[PDB]
Student: 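Structure with tacrolimus, see below.
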Amino acid sequence: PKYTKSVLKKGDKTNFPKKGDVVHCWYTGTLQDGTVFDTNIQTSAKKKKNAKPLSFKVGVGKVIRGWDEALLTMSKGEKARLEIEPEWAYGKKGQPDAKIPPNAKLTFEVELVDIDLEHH
Ligand SMILES: C=CC[C@@H]1/C=C(\C)C[C@H](C)C[C@H](OC)[C@H]2O[C@@](O)(C(=O)C(=O)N3CCCC[C@H]3C(=O)O[C@H](/C(C)=C/[C@@H]3CC[C@@H](O)[C@H](OC)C3)[C@H](C)[C@@H](O)CC1=O)[C@H](C)C[C@@H]2OC
């Protein structure tokens, strides 16, 4: 498969994003060697009432393929470890600014915090 998902914390098994919904996520991205290339989890004395999760419309190409596909399988509250093959991430180009090399399998911890039913 082009990604794998391991559930770290079960969601509500009830509310799954549909294409066109807006999802709200916390994440940490790592390379296979363990290098953290990004996180939106704030470590400054900021937390609640300062930092906001990442919001995007799901299933329409706004994120790398691995995320767009995996999110549709997650329920609200779920925290999962996604291992995304390069073709469903940054492929041959990589991403120079984030120091992601060509052909990089990416690991993301993703927590789906909320869903707005924008598919309506
Ligand atoms: C208003 C400003 C623009 C706006 C940018 C921001 C808000 C800042 C944003 C949080 C983080 C950065 O995004 C620029 C940053 O995120 C990474 O650190 C990262 O962890 C990552 O991979 N993420 C973020 C978390 C969701 C999955 C994935 C993604 O898919 O992110 C999306 C993404 C980059 C999609 C492209 C779209 C075009 C395709 O061609 C390409 O396909 C190859 C994939 C993000 C969320 C976009 O929807 C939102 C934006 O564009 C990259 C390693 C390097 C990149 O910095 C350079």
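The first residue of the sequence shown is numbered 1, and numbering continues consecutively from there. In what follows, every heavy atom counts, from backbone to side chain, and hydrogens, waters and symmetry copies are set aside. When a ligand or atom number is given, it counts from 1 through the structure's own listing order. Header entry for method reads X-ray crystallography, 1.8 Å.
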Student: Where would I look for tacrolimus in this thing, copies and all?
Tutor: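 It's found at ligand 1.
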Student: Trying to figure out what tacrolimus is stuck to here - the chain with the largest number of contacts. What's it called in the PDB entry?
Tutor: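 It has the most contacts with Peptidyl-prolyl cis-trans isomerase FKBP3.
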Student: Examine the proximity of tacrolimus to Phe108 and report which part, side chain or backbone, both or neither, has a heavy atom under 4.0 Å away.
Tutor: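 Within the 4.0 Å criterion, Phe108 contacts tacrolimus through side-chain atoms alone.
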Student: Tell me the contacting part of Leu54 for tacrolimus: side chain, backbone, both, or neither, using a 4.0 Å heavy-atom threshold, strictly below.
Tutor: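 Only the side chain of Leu54 comes within reach of tacrolimus.
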Student: Could you work out, for atom 26 (C) of tacrolimus, the closest of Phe56, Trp67, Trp88, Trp26 by heavy-atom distance?
Tutor: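 That would be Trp67.
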Student: Is the closest heavy-atom distance from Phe37 to tacrolimus below 4.0 Å?
Tutor: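 In this structure, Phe37 qualifies as a contact of tacrolimus - some heavy atom is under 4.0 Å.
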Student: Nearest to atom 37 (C) of tacrolimus, what protein heavy atom do you find, and at what distance?
Tutor: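 Scanning the protein heavy atoms, the shortest distance from atom 37 (C) of tacrolimus goes to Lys62 O, 4.3 Å.
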Student: Answer yes or no for atom 24 (C) of tacrolimus: protein heavy atom present at a distance under 4.0 Å?
Tutor: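 Within 4.0 Å of atom 24 (C) of tacrolimus, protein heavy atoms are found.
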Student: Could you tell me the residue and atom name of the protein heavy atom closest to atom 17 (C) of tacrolimus, and the distance to it rounded to 0.1 Å?
Tutor: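 Here the nearest protein heavy atom works out to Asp38 OD2, 3.6 Å.
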Student: State the UniProt domain of chain A containing the majority of residues contacting tacrolimus.
Tutor: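 Most of them fall in UniProt domain PPIase FKBP-type.
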Student: Would you mind telling me if tacrolimus is within reach of the side chain of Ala89, the backbone, both or neither, using heavy atoms under 4.0 Å?
Tutor: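 For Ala89, only backbone atoms sit under 4.0 Å from tacrolimus.
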Student: Which tacrolimus atoms are under 4.0 Å away from a heavy-atom of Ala98?
Tutor: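 Counting atoms of tacrolimus from 1, those under 4.0 Å from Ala98 are 53 (C), 54 (C).
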Student: Pick, from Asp97, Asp68, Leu82, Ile64, the option with the minimum heavy-atom distance to atom 44 (C) of tacrolimus.
Tutor: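 It is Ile64 whose heavy atom sits nearest to atom 44 (C) of tacrolimus.
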Student: Does atom 5 (C) of tacrolimus have any protein heavy atom closer than 4.0 Å?
Tutor: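 Within 4.0 Å: no protein heavy atom nearby.
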Student: Measure the distance from atom 9 (C) of tacrolimus to every protein heavy atom, then report the residue, atom name and distance (to 0.1 Å) of the closest one.
Tutor: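 The protein heavy atom lying closest is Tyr27 OH, 4.8 Å.
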Student: Is at least one protein non-hydrogen atom found at under 4.0 angstrom from atom 1 (C) of tacrolimus?
Tutor: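 No, there is none.
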Student: Checking contacts now, so for atom 40 (O) of tacrolimus, which I'm interested in, is there any protein heavy atom under 4.0 Å?
Tutor: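 Under the 4.0 Å cut-off, atom 40 (O) of tacrolimus has no protein heavy-atom neighbours at all.
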Student: N/O to N/O below 3.5 Å, does that happen between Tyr90 and tacrolimus?
Tutor: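 The answer is yes, given that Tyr90 and tacrolimus share an N or O pair closer than 3.5 Å.
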Student: Strictly inside 4.0 angstrom of atom 50 (C) of tacrolimus, do you find any protein heavy atom?
Tutor: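 Neighbour list for atom 50 (C) of tacrolimus is empty of protein heavy atoms (cut-off 4.0 Å).
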Student: Can you tell me which residue and heavy atom of the protein come closest to atom 53 (C) of tacrolimus, and the distance to 0.1 Å?
Tutor: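 In this structure, atom 53 (C) of tacrolimus has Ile100 CD1, 3.2 Å as its nearest protein heavy atom.
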Student: How does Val63 reach tacrolimus, if at all, at less than 4.0 Å between non-hydrogen atoms: by side chain, backbone, both, or neither?
Tutor: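 Both of them.
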Student: List every atom of tacrolimus that sits less than 4.0 Å from any heavy atom of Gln95, numbering the atoms from 1 in the order shown and giving each element.
Tutor: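 That gives atoms 54 (C), 57 (C) of tacrolimus.
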Student: For tacrolimus, which residues in other chains have any heavy atom nearer than 4.0 Å?
Tutor: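 Heavy atoms under 4.0 Å: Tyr27, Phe37, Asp38, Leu54, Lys62, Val63, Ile64, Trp67, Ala89, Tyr90, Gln95, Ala98, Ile100, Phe108.
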